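The following structure holds adalimumab.
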Amino acid sequence: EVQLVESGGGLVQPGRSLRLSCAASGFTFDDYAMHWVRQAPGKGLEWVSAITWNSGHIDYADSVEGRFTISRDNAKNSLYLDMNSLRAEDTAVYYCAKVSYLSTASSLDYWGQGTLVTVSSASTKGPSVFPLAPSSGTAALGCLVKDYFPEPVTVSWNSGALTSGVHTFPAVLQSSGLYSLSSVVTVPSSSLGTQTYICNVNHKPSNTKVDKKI
Amino acid sequence: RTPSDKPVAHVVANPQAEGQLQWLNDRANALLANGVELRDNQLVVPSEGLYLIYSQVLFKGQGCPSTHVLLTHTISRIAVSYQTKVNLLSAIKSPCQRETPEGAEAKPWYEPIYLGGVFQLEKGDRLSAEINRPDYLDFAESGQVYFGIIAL
Amino acid sequence: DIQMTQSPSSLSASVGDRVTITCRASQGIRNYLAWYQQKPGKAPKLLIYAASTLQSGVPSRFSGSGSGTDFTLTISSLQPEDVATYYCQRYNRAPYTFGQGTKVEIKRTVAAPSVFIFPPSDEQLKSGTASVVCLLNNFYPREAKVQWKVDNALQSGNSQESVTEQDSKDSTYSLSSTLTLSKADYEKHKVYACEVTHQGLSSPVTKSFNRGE
């Protein structure tokens with residue numbers, strides 16, 4: 001069905017630049033205007049730009065015009081956003097949205113999952129993954145994900161085979177300027193000699209996967 | 001901008017001008033040259049001559065309400081001798097026929113209107129492109145509403 | 001120009017209670033207004049467009065209304081999964097600006113947290129940093145007060161909370177205080193406890209552990 005797969009995000013030195021991508025599928029891409037909408041962390045939603053089906057008209061925000069450039073390959077069913085001269089205010093999760101009916105002036109009927117763009121002169125750090133192992137009715141265990149930059153990491157459990165009782169917590173920025181997470185699961189005080197748990201962590205910025213036992 | 005000494009104007013609507021049809025000259029592929037001027041929102045003729053005059057307007061809405069609203073678009077001549085005004089070109093349009101989808105669901109409707117024709121005009125005649133319901137205009141995209149003339 | 005202004009900014013309500021969110025435009029927009037639901041971290045979903053038309057596949061407890069400047073999103077019977085932030089949007093006419101947003105949260109009865117403490121792992125100790133982790137789990141209401149003690153001496157300075165969003169089935173939260181000292185400071189101490197006061201608790205609950213069990 002309708003899918004809007006974003007890519008292109010990541011860390012970037014201020015002043016440099018980035019080309020976000022959005023690959024569409026499940027609908028005749030050629031018949032719809034598209035939108036970019038960003039969302040700065042903790043802040044609300046903010047329209048960024050739009051482009052008609054045949055690329056003949058383009059709108060940007062009382063906030064960019066000169067820096068960003070929305071574009072569109074219909075053969076490849078893709079939407080692009082080239083961002084230039086980036087500052088921290090551009091740091092945000094960027095969504096592509098398919099319009100509801102043809103024109104740019106139509107409701108955003110389907111959104112991609114986002115792609116985060118972090119503007120910083122820092123540098124990526126893969127995370128150190130540690131186990132939160134249970135103590136000596138119901139009991140608890142989890143993965144402590146430590147010392148990473150930038151966001152996000154994603155934690156899965158047994159590669160999906162465990163979704164209930166799972167609590168991946170918001171990331172915390174430490175005095176080190178690095179992040180740390182933990183997800184936790186509550187499991188039967190019994191099914192432990194019989195089962196051993198794995199927390200599948202992805203940090204795409206640092207390009208590191210770490211599966212882990214607890 | 002631009003060679004050719006034939007008086008011309010292709011003007012375009014102000015989107016950021018709610019509640020009326022305002023013609024902008026200072027944009028895009030908009031024209032206004034060789035003596036033609038845009039003044040009390042009217043195109044002004046610099047010379048006796050034959051002129052092709054055109055305008056297009058694009059109305060829109062979502063769903064249908066009170067049994068009927070009719071859209072119209074006209075080009076008027078107001079004259080330097082005939083200090084009065086007359087339609088050169090007109091057209092009325094009826095979108096959504098009462099329908100009122102009171103079951104549910106409100107769909108996008110769009111209704112464009114094109115006016116074009118050749119007229120003899122006198123120096124200083126003022127051309128006017130008007131609609132009845134400016135609030136039903138689509139201000140969202142480029143080549144959608146406009147008003148032009150050219151001397152032949 | 002154009003200001004999309006939704007009131008209120010936040011609201012708590014009871015499951016089953018009917019909820020009302022409003023949107024005022026600084027200039028008329030006919031019915032070119034849509035409502036978007038956004039759950040924590042997820043992509044936003046379209047609920048209503050043209051002020052009143054439910055998107056297909058969207059539960060019918062959701063309703064909208066209004067033309068011109070004042071609009072209203074209504075959830076006739078609030079539900080645990082309806083916990084989200086809702087945004088109105090203008091779509092006439094660019095710029096396609098969104099209201100500031102409205103957070104929606106829930107009733108439920110009080111729920112005491114289940115407290116679990118975790119000692120640092122060895123790979124951690126190997127490294128030179130030690131991290132003790134107190135977990136409060138599935139409590140309600142949101143407000144709790146973790147306390148870290150070492151050898152029954154309060155330890156203020158090296159801890160950090162983080163809280164989940166209101167869960168979409170049980171409507172509870174879960175929280176995690178975290179102690180971090182230099183491995184060296186980890187060893188000037190033997191007994192590590194985290195005390196926890198919540199409203200669903202008659203009295204503060206500690207969960208200690210001796211370093212080296």
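Residue numbers begin at 1 in each chain, while the letters A, B, ... track the order of the sequences. If you check the header, you will see the structure was determined by X-ray crystallography, 3.1 Å. Just so it is clear, the values below take in all heavy atoms, side chains as well, and ignore hydrogens, waters and symmetry mates.
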Where to find adalimumab: chains A and C
Top contact chain of adalimumab - most pairs under 4.5 Å, UniProt: Tumor necrosis factor, soluble form
Chain of adalimumab with most heavy-atom pairs under 4.5 Å to chain B: chain C
Chain B: main UniProt domain in contact with adalimumab: THD
Epitope residues on chain B for adalimumab at 4.5 Å, non-hydrogen atoms: B:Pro15, B:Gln16, B:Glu18, B:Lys60, B:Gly61, B:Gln62, B:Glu105, B:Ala106, B:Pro108, B:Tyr110, B:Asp135, B:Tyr136, B:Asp138, B:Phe139, B:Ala140, B:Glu141, B:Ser142
Paratope: adalimumab vs chain B, non-hydrogen atoms under 4.5 Å: A:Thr52, A:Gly56, A:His57, A:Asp59, A:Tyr101, A:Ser103, A:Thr104, A:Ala105, C:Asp1, C:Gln27, C:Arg30, C:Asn31, C:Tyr32, C:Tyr49, C:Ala50, C:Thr53, C:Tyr91, C:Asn92, C:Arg93, C:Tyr96
